[PDB]
Enquirer: 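Consider the structure of Synaptic vesicular amine transporter with reserpine bound.
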Amino acid sequence: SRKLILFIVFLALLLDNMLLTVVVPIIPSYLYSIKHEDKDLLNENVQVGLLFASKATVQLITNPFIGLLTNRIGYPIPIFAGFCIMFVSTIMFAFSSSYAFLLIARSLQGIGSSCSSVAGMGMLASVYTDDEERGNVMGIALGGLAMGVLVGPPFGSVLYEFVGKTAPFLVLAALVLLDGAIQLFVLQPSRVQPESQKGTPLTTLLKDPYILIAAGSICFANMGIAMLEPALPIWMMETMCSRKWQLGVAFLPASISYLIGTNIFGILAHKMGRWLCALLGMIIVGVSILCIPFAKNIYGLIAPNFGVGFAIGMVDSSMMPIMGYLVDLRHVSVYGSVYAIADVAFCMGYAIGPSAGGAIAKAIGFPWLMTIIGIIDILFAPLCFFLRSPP
Ligand SMILES: COC(=O)[C@H]1[C@H]2C[C@@H]3c4[nH]c5cc(OC)ccc5c4CCN3C[C@H]2C[C@@H](OC(=O)c2cc(OC)c(OC)c(OC)c2)[C@@H]1OC
């Protein structure tokens, strides 16, 4: 039943990102409508920034605890717990309306995300035996992480606009319940205990300056989109008075470009130079983030989002193998390590992006927020030169 576990983990990760991102086009607009119907927007910026960063904050906080828990008790129980609490979070998103319950839903979704991510990928890694097959199947589930983040925004936005706020979350609860049911019913026979081969702890592993540089580059490149995601709908609603179904169609190009850039540069990086590809990715994401605020129409927004997605797809494809090579070279390696580092990096971005950027959006505004983050990416691009390994 190796394939079935792969399907379960793929669906878990896809639903996780879909729930993570469907919040982007409907909930900031929901709070805007519920409070206005501007100092109102000034307070709402920081409120929604904290609401969006709570998921990553709680996930980063609870990741080591859940890792210890799955080491002690096994993989399947954390996976099922993650499915159950993700379904709870989806339902509470669907029905609750006040900001406190939305915050609780976001925190519960973060805990469930940590559960599903770490327990699933670990169990998926342990079930398979062939190294090539392991790499291929992890490439499938990690690709699902991206397919979910792609399909989520437009679907959530359009259904919210047409039917209502309760329907997309109801559908998400339906899929999450189906995945939990299939895992519980047709994947009974045995429990998988994680491997006894433990790599370097994340403390010293992140203490490495080179791994720190790569993780910081990933963190900033994704913090770009992490600051885009909770403030771009508000910027559109206060600038172009766009319909509520376009708030997902505008984020569609970023994810499509991420897919395209990943597929292209996962083959082009080892020939164009991984460090050079990462540096160009940082530069391009900086330029695109600068170009985003100067758009008057969504037609003028499809291009900068395309550049943003293309750059991240390039940075990720140029750093994941770089992270693996650095870990294998300067430390002892277990297949989880790389992912773990990336996870922390991602968390950091989404723990500092919306929480702080929104405050900036309240103090200096949105265009300036984007100018600062783009300049940060541009000036961090030269730091990728310290990835000049001889091969
Ligand atoms: C919280 O996370 C995410 O939201 C996912 C995305 C992060 C970011 C993003 N967000 C958006 C949100 C939008 O609307 C709001 C619109 C566009 C985007 C884009 C384009 C840029 N990018 C796309 C998504 C990337 C996903 O992560 C991986 O794909 C991945 C792949 C791996 O191997 C192939 C890994 O192993 C090393 C790995 O380790 C952790 C992670 C990441 O999941 C962690």
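Position 1 is the first residue of the sequence, and the numbers go up from there. This entry, so its header tells us, was determined using electron microscopy, 3.5 Å. Order of appearance sets the numbers: ligands from 1, and atoms from 1 within every ligand.
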Enquirer: Source organism for chain A according to the entry?
Expert: Homo sapiens
Enquirer: I'd like to know which transmembrane segments of chain A, in UniProt's order from the N terminus, sit with a heavy atom under 4.0 Å from reserpine.
Expert: 1, 5, 7, 8, 10, 11
